[PDB]
Protein chains: 2
Amino acid sequence: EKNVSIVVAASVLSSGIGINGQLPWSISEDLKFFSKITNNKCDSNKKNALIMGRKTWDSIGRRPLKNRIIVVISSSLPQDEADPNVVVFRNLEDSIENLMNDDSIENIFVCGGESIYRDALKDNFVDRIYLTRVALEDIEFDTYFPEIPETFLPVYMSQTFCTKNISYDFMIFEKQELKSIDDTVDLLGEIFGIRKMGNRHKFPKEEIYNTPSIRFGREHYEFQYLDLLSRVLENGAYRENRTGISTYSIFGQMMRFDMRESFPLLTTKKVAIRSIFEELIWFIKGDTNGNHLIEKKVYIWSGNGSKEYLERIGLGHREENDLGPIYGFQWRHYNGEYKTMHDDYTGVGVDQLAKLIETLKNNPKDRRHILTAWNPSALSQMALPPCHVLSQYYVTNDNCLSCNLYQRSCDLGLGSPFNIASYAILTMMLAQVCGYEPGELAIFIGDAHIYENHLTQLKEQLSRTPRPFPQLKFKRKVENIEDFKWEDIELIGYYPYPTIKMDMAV
Amino acid sequence: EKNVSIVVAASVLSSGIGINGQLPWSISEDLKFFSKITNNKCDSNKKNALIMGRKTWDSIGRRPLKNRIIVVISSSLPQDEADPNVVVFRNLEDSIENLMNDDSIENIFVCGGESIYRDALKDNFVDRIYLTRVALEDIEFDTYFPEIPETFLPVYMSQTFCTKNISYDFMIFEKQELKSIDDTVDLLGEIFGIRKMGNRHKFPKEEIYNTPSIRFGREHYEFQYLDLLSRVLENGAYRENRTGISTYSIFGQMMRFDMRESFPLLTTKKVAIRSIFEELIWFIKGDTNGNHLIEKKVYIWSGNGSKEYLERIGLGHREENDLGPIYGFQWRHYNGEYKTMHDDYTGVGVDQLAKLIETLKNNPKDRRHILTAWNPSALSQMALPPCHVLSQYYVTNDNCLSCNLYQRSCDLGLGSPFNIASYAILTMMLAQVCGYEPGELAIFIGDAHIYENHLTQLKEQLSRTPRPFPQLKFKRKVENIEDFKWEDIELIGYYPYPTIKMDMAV
Ligand SMILES: NC(=O)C1=CN([C@@H]2O[C@H](COP(=O)(O)OP(=O)(O)OC[C@H]3O[C@@H](n4cnc5c(N)ncnc54)[C@H](OP(=O)(O)O)[C@@H]3O)[C@@H](O)[C@H]2O)C=CC1
Ligand SMILES: NC(=O)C1=CN([C@@H]2O[C@H](COP(=O)(O)OP(=O)(O)OC[C@H]3O[C@@H](n4cnc5c(N)ncnc54)[C@H](OP(=O)(O)O)[C@@H]3O)[C@@H](O)[C@H]2O)C=CC1
Ligand SMILES: CN(Cc1cnc2nc(N)nc(N)c2n1)c1ccc(C(=O)N[C@@H](CCC(=O)O)C(=O)O)cc1
Ligand SMILES: CN(Cc1cnc2nc(N)nc(N)c2n1)c1ccc(C(=O)N[C@@H](CCC(=O)O)C(=O)O)cc1
Ligand SMILES: COc1ccc(CC(=O)O)c(NC(=O)c2ccc(Cc3c[nH]c4nc(N)[nH]c(=O)c34)cc2)c1
Ligand SMILES: COc1ccc(CC(=O)O)c(NC(=O)c2ccc(Cc3c[nH]c4nc(N)[nH]c(=O)c34)cc2)c1
Ligand SMILES: O=c1[nH]c(=O)n([C@H]2C[C@H](O)[C@@H](COP(=O)(O)O)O2)cc1F
Ligand SMILES: O=c1[nH]c(=O)n([C@H]2C[C@H](O)[C@@H](COP(=O)(O)O)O2)cc1F
């Protein structure tokens, strides 16, 4: 009685694993994973057995695998005894003889094609499933991985990796069949109420926790956002704000995202990446004209730039969509005397973005690569004070550019997915202009809140198991950061869940 | 064969537990802890046995404890059979009969005085130790808790609590006698090098981890600082900076501290709390004159305000200790035209601190309680750009004031302990002036680094097991935040380890 595990690499949506007798992709790291996961053993005097179908045995050149014993399922192959590393059985049930005897076999792995996978799950022989999810769907398949039965639950999901602009994940599925520290903390939590800080940061309940079966393997960095939703639903205080829509709010959170091997664009919901870019380049250019975004069919600033809203906050003198000195006016003309959105501000104010790029490549290890937008002298003129307030940038020893961002107020339903992708793109732009690679992205949040009209929507989003992040590459190398265009961005391998409509609070 | 645990409340340094036949303190929550920890059982048809000495039996009024059986050790007490909840034995060894039989007893607890504690550890009967560390030392004791033998290791340390301005902790000591997820992560860490973000955030080794035996019970919030040191020693990249002293640096960290039940003043090192306050009130008053701190025997700004340093950074025109527009000049006179440190700036610039206090009590649930010091128009005039760059404040539903702080660069050896206590005091000041209680303190750090001449010192600090945080209360209620004085601060229960000398990099 030992362990039996399935090893498979399937596509993310349709679970395709083969085409025309070979693999539909070439990922080197996945083959290394297959080697290390099938060679992983505890006894040096024992070997592992790899069960595979005959057609898979043909696709690997009919040659043995080092340090392992291959078990081929076939009705026609001669049961040869010359090769001790290759044995042939007539059916999958009889091949389960590494259990009954052969104590020199420690672990059993199922690697065969669709027929072997389907018959191993149907006859209930499989204990574990090692799945490599590949982000390739618009190609042709003829061999698929069968649907994972409900008796299996995921326990691990790795971060997204990249090979030749292809995103892929690693997951583990398991078949579902000291207390002294926990008890003491509970007793202290009964004596002290909310005086114990742990009771103010309660672990989210299972009903609001995305994919609860993954407890110790929440490596995929989309959980950094999803678990933040769960933490708010668990501890968020019902509070009113300047809008008529109340929120559930907590204070002091953070999220980490990798940018070396993937692009942190949420997969549990279709995110409007084009509107995100158009807003970012609108900041970079130094523009505060709200019409330029509406002319490009981007209406994210329409609510905070209407005639009724502007007059309500005391800016009735302002033109229709003139938002005032905001992001991109403190970036390029900090402390500049603002008149209207039509005047020429070239030369006035401090150009932080220019000096930032200049300092990033002339003094990389400097500890002052800071871009700020909080200007107390201009807040009264702003249609909306800065939410993403201050950002800092960091050049690693291996020439990577990381970014920290502090956000005073975070609309988790709408603003947060935009802010994650926006500053991810901006860090990539700064990396190309300064000659670096993307690093890490950390976002530190003040008032993290959820609007009460987003509860049904965000709970729906929490029911969706995350998918591997896509890749985002630039088609050309620009000479100035202001020259970026939407056509220069290529989004590779983005297969999200359907979009979720949520209303913005004005 | 069942479990035997010691329950004791001893002082932090001398381990005193009694005086004149009674306790040297009155902590209600500790008695509730004794009740819940000794009533904690799994079988409802069983009881717990509490072994105690005769003098302890006298101190509790010689009356039984609800739902439990008291075992008194005495050579003279009559072995009475009338009371089934109280039994008398002639020695501690014979009292260990709840093991040999009496299957109606589930757990055994040792609660007696010094004689019972010493004989229970000497004869090696104890499996677990529940210790309440009380921060009271300058009083008289006549009964002590014996030294914990080396066969025990701590596994849990709770946050610091407060009762009648007395700090206390809860600790658990233990006697020292799935893998599939860990193996897969290791294999992925061998295939991918530093492309896997987990390998850039390696868990600190045991040799640089403060109190390594506490794995799952690192609740004491001083670990938020100590573990940050360990994380830097493990992953810090050797980098040069504007000073001649290189650092080991990582990017993107955070620390949480409670301020409701304690004051986050580090105990693993004696921190100059007086210099911290004098610097904070120096900021609040709006002062930039470096001599006013030197006149009060505070020399933390002497290095960055010398004639040699000022001329080296291009400010030779400046007077000796004129630091320029820095903290407290952006706080009270933001965007004000700076001349010298002797001019009158009353009325010029934006007074953020005044408007902050005004907004905190007139609109508490506002999401814009922000105090910033990063002024790109004044950086060239500063002797040193702001390290603690921006802070945000938050009023909870139960009228508590929390604080978030973003710090671009963090000297973990010198600056970090000052910044933790400084903004903790400032949050308490703002709470009293606005009529709130202290809440939580979160510090988000950009470039967290350790100077290479602090390696020997900080490793010494990591060898010291933390002690409960002290309490800090104000002696009077001021009418203006500028009226605070050092005599108004009372530091209760601060018993730190000896101070550690570290040189500042100029
Ligand atoms: N992405 C991945 O992880 C993997 C992908 N693949 C891909 O899958 C494709 C091939 O797999 P697939 O088409 O499903 O073929 P298989 O690998 O499943 O092999 C099928 C053969 O196994 C024998 N066999 C299967 N079931 C039985 C049975 N119940 N009794 C007796 N013999 C049986 C038969 O051989 P016979 O006719 O001799 O009797 C059959 O022709 C290839 O493209 C390959 O690259 C393969 C492995 C892994
Ligand atoms: N902080 C805390 O958690 C606790 C503190 N305390 C404090 O400790 C103080 C009292 O404790 P303490 O002074 O040490 O006295 P003890 O509680 O240890 O009781 C001592 C008595 O137990 C009997 N005894 C002890 N050892 C033996 C033995 N080897 N054989 C036979 N009988 C024995 C003797 O009784 P006899 O003379 O009859 O033979 C002895 O006089 C009090 O102030 C009390 O409040 C007590 C419990 C807990
Ligand atoms: C066609 N095929 C089946 C195949 C391909 N990819 C997979 N990918 C996964 N995740 N799981 C599988 N079961 C799997 N099976 C192959 C192809 C090559 C090797 C192979 O050469 N393995 C070497 C490793 C080669 C190398 O180190 O790159 C080994 O030591 O096991 C095995 C199976
Ligand atoms: C004098 N004494 C010994 C005493 C006092 N403090 C301690 N504190 C600790 N942490 N551990 C001990 N073993 C301990 N022992 C006492 C005093 C009162 C009670 C007592 O009344 N216990 C009640 C609880 C009373 C209440 O709920 O506050 C119970 O239900 O057990 C027990 C022991
Ligand atoms: C979830 O799926 C979708 C689908 C479609 C869209 C619109 C589109 O992409 O065209 C969206 N995104 C938005 O609607 C949106 C609107 C405003 C911003 C910034 C912003 C300014 N002012 C704010 N005030 C508050 N309260 N909150 C905010 O978020 C902002 C960010 C996003 C999301
Ligand atoms: C560890 O035990 C002790 C014992 C005694 C003292 C002195 C005293 O308390 O009198 C200290 N504290 C300091 O020496 C000190 C010096 C400067 C600051 C702020 C500061 C400005 N500019 C900076 N530049 C760099 N690099 N680092 C910084 O930390 C600062 C903070 C602390 C620490
Ligand atoms: O980039 C943004 N991110 C964001 O989260 N908001 C949300 C936060 C809040 O819900 C609202 C305005 O915050 P406040 O009402 O405190 O000014 O806009 C707005 C942005 F522009
Ligand atoms: O409050 C402070 N906290 C702090 O950590 N430093 C340290 C950080 C760094 O070691 C040095 C200056 O940072 P930089 O050289 O990047 O300007 O001062 C200084 C302070 F005043």
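Below, read A as the first sequence line, B as the second, and so on, with proteins coming before strands; counting in each chain starts at 1. Order of appearance sets the numbers: ligands from 1, and atoms from 1 within every ligand. Only this structure's heavy atoms are used, side chains among them; waters, hydrogens and symmetry mates stay out.
Contact analysis gives the chain with most pairs under 4.5 Å to ligand 4 as the one the PDB entry calls Bifunctional dihydrofolate reductase-thymidylate synthase. Of methotrexate, vimseltinib, ralimetinib, pemetrexed, fluzoparib, the match for ligand 4 is methotrexate. Other chains in heavy-atom range of methotrexate (ligand 4) (under 4.0 Å): B. The deposit names the source of chain B as Cryptosporidium hominis.
The residue-level binding site of methotrexate (ligand 4) (heavy-atom cut-off 4.0 Å) is B:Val7, B:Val8, B:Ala9, B:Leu23, B:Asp30, B:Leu31, B:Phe34, B:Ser35, B:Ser59, B:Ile60, B:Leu65, B:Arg68, B:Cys111, B:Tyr117, B:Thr132.
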